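Sulfotransferase in complex with oxamniquine.
Residues: numbered from 1 along the sequence shown. Counting starts at 1 for both ligands and their atoms, in listed order. Computed from heavy atoms alone, side chains included, the values below leave out hydrogens, waters and symmetry copies.
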Amino acid sequence: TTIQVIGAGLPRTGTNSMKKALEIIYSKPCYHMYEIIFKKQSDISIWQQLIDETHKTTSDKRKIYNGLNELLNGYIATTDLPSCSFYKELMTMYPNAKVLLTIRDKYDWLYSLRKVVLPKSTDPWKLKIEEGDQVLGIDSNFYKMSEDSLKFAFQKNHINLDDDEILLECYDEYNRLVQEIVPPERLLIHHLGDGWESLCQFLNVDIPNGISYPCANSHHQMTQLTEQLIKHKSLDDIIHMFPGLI
Ligand SMILES: Nc1ncnc2c1ncn2[C@@H]1O[C@H](COP(=O)(O)O)[C@@H](OP(=O)(O)O)[C@H]1O
Ligand SMILES: CC(C)NC[C@@H]1CCc2cc(CO)c([N+](=O)[O-])cc2N1
Ligand SMILES: [Ca+2]
Ligand SMILES: [Ca+2]
Ligand SMILES: [Ca+2]
């Protein structure tokens, strides 16, 4: 199995629902950050090595392709960070693969990112995220990898991640750049809420007859998951409160 769909959309743009939609369409796994967090934490250090290679002035792209092939063996599609930041390298590796860009209102995106992924350094909620992550075995190596992959997506060496203007500017620029670099015939821009119609047409499949388009991974659910992880101290003992999570 090889990559058929490359998801270029940023975190908090509907990537987990798209992951679930592609798994329905193809009956084969799709990569997502939640594969790392909940299934393959050993992938963190491999992604870090790939991201480190992007920091060099002249990255060895073939070293990156090699690592990507290893990470993505067995998967038919990618979404979310860290893979989205590698969409150009994936397009070269898989020239027949189609590219998705999931997108949403930038201000809704920023809030979602701040509540789930990248709280500001002085937000007390950041401590709750850290505590709940500790329950999952997630440590500082994960945060470094996630942040470095977002900076690679935004093509920045340093950025003050607490600066909302920079994040909004980079979101807009990233989404613009995808449309500048990917030929339109190979790109579907999927707006949050769009559903099956445009995706199935783009992928040359019928709409799945009696299956609703997924609506997964809301910030409310992620906040509740963090709170329950902290209180109950176990994923397995609370997972049933979050049906369809992983
Ligand atoms: N079918 C759908 N329709 C509307 N919003 C959806 C959706 N599927 C996911 N979302 C929203 O997409 C965001 C998650 O994206 P990702 O999976 O990339 O992290 C969440 O936004 P909120 O945080 O505003 O709730 C989620 O509610
Ligand atoms: C489970 C919860 C208590 N903490 C883990 C959360 C899960 C959601 C999440 C999603 C992304 C992008 O999908 C990233 N990310 O890009 O770093 C980090 C996190 N962190
Ligand atoms: Ca480089
Ligand atoms: Ca500016
Ligand atoms: Ca629709």
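Every copy of oxamniquine included, the relevant parts of the model are ligand 2. With a non-hydrogen cut-off of 4.0 Å, the residues around oxamniquine (ligand 2) amount to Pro11, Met33, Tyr34, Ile37, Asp80, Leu81, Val116, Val117, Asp133, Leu136, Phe142, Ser146, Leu225, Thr226, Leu229. Within the listing of oxamniquine (ligand 2), atoms 12 (C), 13 (O) sit less than 4.0 angstrom from a heavy atom of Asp80.
Among all protein heavy atoms, the one lying closest to atom 11 (C) of oxamniquine (ligand 2) is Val117 CG2, 3.7 Å.
Atoms of oxamniquine (ligand 2) lying under 4.0 Å from any heavy atom of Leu136, numbered from 1 in the order shown and given with element: 1 (C). Regarding atom 15 (N) of oxamniquine (ligand 2), its nearest protein heavy-atom neighbour is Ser146 OG, 3.1 Å.
Close approach of oxamniquine (ligand 2) to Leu81 (heavy-atom distance below 4.0 Å) involves ligand atoms 16 (O).
As stated in the entry, the source of chain A is Schistosoma haematobium. Annotation: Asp133 places an N or O atom under 3.5 Å from an N or O atom of oxamniquine (ligand 2); distance criterion only. Scanning the protein for heavy atoms near atom 3 (C) of oxamniquine (ligand 2), the closest one is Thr226 OG1, 3.2 Å.
For atom 10 (C) of oxamniquine (ligand 2), the closest non-hydrogen atom of the protein is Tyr34 CE1, 3.7 Å.
If you check which protein heavy atom lies closest to atom 20 (N) of oxamniquine (ligand 2), you get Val116 O, 4.0 Å. Ranking protein heavy atoms by distance to atom 19 (C) of oxamniquine (ligand 2), first place goes to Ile37 CD1, 4.1 Å. Those atoms of oxamniquine (ligand 2) that come under 4.0 Å of a heavy atom in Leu225, given as number and element, are 1 (C). Remark: oxamniquine (ligand 2) atoms within the under-4.0 Å shell around heavy atoms of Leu229 are 3 (C).
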